[PDB]
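Structure containing chlorhexidine.
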Amino acid sequence: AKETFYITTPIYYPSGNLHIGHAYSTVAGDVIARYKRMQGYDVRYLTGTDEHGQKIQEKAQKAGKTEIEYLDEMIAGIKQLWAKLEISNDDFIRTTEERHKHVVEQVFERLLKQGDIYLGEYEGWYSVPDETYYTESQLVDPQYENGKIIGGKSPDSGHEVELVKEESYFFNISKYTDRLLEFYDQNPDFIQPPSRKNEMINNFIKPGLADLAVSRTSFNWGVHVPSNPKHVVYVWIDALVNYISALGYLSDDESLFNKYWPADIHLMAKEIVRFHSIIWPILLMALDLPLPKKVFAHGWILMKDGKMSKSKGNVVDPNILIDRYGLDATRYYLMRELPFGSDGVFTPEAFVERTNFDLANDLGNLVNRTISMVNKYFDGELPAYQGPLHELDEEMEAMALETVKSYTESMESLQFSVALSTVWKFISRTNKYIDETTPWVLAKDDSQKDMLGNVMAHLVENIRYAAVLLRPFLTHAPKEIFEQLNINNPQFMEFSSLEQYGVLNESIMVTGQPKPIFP
Ligand SMILES: N=C(NCCCCCCNC(=N)NC(=N)Nc1ccc(Cl)cc1)NC(=N)Nc1ccc(Cl)cc1
Ligand SMILES: Nc1ncnc2c1ncn2[C@@H]1O[C@H](COP(=O)(O)OP(=O)(O)OP(=O)(O)O)[C@@H](O)[C@H]1O
């Protein structure tokens, strides 16, 4: 059977509209999923929404709507966005669904029964503008009384914090410390790069993992603990178990869970790596479940006032980009312009240049020039590939195969910007081959009709390579390119058809009415 590959995005918090930051993660996961399907894996790709907590209740109440009324509307918009981006997610998990809530309940009750969780009192220091709870050691300008911290200010904003106390269940995560460090040793690529792993260990694990406050009693909008109804399960357990609840864990049908768990890749931005690389494996250990194989963290899309944030309002709406510039342009920009190992600033000027110069100009003109020449010189009948007849062909056919090899290395290491630049080196060289060979000169005399046919064959086969390699990234252009070239054999759209250059060994009738590939 096909080997399974399970990839997840984070579940997003619908306290406001999603922005291109969210689209970046979801498109990234989609490219991985599409690539793995093309490599012959049995893929499951999950995304969804994190719907509980005070902030959601507040948003709903402000809008004059019930919590579920508010959420259903937000979720409809999120699902519409993923459909518009042509995301190939196999499921959409909502934490309000009973399939999820059942797992949250059962996990919590199991940990209580085992004694991993016990009843205590949560204490935190709340800052209104930061919407954050701090520990006493994080406070700046700490005020003391009888050798005990009684007040302070937020380290982020400097706003006066307020002491909050409430009954809360705690999960003793520190018991699992040695097992977690052992796991990191046995799985050296679980967290990357090495600096990030050291970061996790030194900042959080080393000084000692504090007990984790896994319930709250001060609000009602969440999953209630069956054995103690006045407690609601907090973010840690509720959100993290989405990755297993979506697979039917602890349901009447665990077949998806039995197949796909453990996840091959959990994808996220850097700020939630700690939760996925410490809390999540510890929770899984407490449940006697296999751990995920890899946490993949990318950087932030920034604006010129910091990280793009829906609560801040410094946002770019992907719907606006798609509506104005098209889907291929939007997906291309996200994957090409913003490497995962860096934070990058969005600008409209960079978006426009990237999509006009690379898509419409470089690739789009290559296809139109090529088809136009086939129609002009051979009345639409593309001559069959024969061999490397032109002087430049040997080296260019070698470049095609090297392009596939390099691309594969980049894709395997999740260096998508590099994979794309590598494909574009080949596209640009194919345009240069038109200029070098000057087909119009060869079309002057019937003595060169054979060589002209060879040049046309090489342009089309180069285009085919590019189109196949772009199938994980672009959902419209490759299909359109195959349709205009009238390559109908589904096999010639797959990676295996790139092993040996020159598959089109019969003549084909290209389109007589070519049209722009983009937008
Ligand atoms: N937006 C949230 N803020 C509180 C997060 C904890 C402290 C913040 C730590 N720093 C962050 N920046 N975290 C973050 N933005 N999201 C997050 C994502 C995954 C996990 Cl497991 C934990 C937190 N919570 C949320 N997404 N879900 C939630 C679910 C159930 C209930 Cl009852 C209440 C809330
Ligand atoms: N600016 C961004 N750059 C890259 N990814 C992002 C960005 N914003 C959100 N994401 C994706 O969404 C996930 C959750 O981010 P979250 O929605 O908490 O950020 P946010 O938009 O700042 O939210 P809030 O404004 O409510 O704090 C991230 O882990 C990441 O996968």
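Each residue takes its place number in the sequence, starting with 1. Indexing begins at 1, ligand by ligand and atom by atom, following the structure's order. Just so it is clear, the values below take in all heavy atoms, side chains as well, and ignore hydrogens, waters and symmetry mates.
- All instances of chlorhexidine together account for ligand 1.
- Lab note: most contacts to chlorhexidine come from the chain the PDB entry lists as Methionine--tRNA ligase.
- Residue nearest to atom 1 (N) of chlorhexidine, selected from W236, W221, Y13: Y13 (by heavy-atom distance).
- Interface of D238 with chlorhexidine, defined as ligand atoms under 4.0 Å from a residue heavy atom, comprises 29 (C), 30 (C).
- Under a 4.0 Å heavy-atom criterion, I56 is not in contact with chlorhexidine.
- Residue-to-ligand polar distances place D50 within reach of chlorhexidine: an N/O pair is separated by less than 3.5 Å.
- Looking at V233 against chlorhexidine, only its backbone comes within 4.0 Å, counting heavy atoms.
- Across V235, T132, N242, heavy-atom proximity to atom 5 (C) of chlorhexidine is greatest for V235.
- There is no protein heavy atom less than 4.0 angstrom from atom 8 (C) of chlorhexidine.
- Distances shorter than 4.0 angstrom do not occur between any heavy atom of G222 and any atom of chlorhexidine.
- For atom 21 (Cl) of chlorhexidine, the protein comes within 4.0 Å by at least one heavy atom.
- Per the entry, the species of origin for chain A is Staphylococcus aureus subsp. aureus COL.
- With a cut-off of 4.0 Å around chlorhexidine, the other ligands and ions picked up are ligand 2 (adenosine-5'-triphosphate).
- Distances shorter than 4.0 angstrom do not occur between any heavy atom of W280 and any atom of chlorhexidine.
- Near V232, meaning under 4.0 Å from any of its heavy atoms, are these atoms of chlorhexidine: 32 (Cl).
- Site of chlorhexidine with heavy atoms closer than 4.0 Å: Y13, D50, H52, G53, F219, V232, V233, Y234, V235, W236, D238, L240, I272, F275.
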Mind listing the N or O contacts between chlorhexidine and protein, cut-off under 3.5 Å?
{"unit_1": "chlorhexidine", "atom_1": "26 (N)", "unit_2": "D50", "atom_2": "OD2", "d": "2.9"}
{"unit_1": "chlorhexidine", "atom_1": "27 (N)", "unit_2": "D50", "atom_2": "OD1", "d": "3.3"}
{"unit_1": "chlorhexidine", "atom_1": "27 (N)", "unit_2": "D50", "atom_2": "OD2", "d": "3.1"}

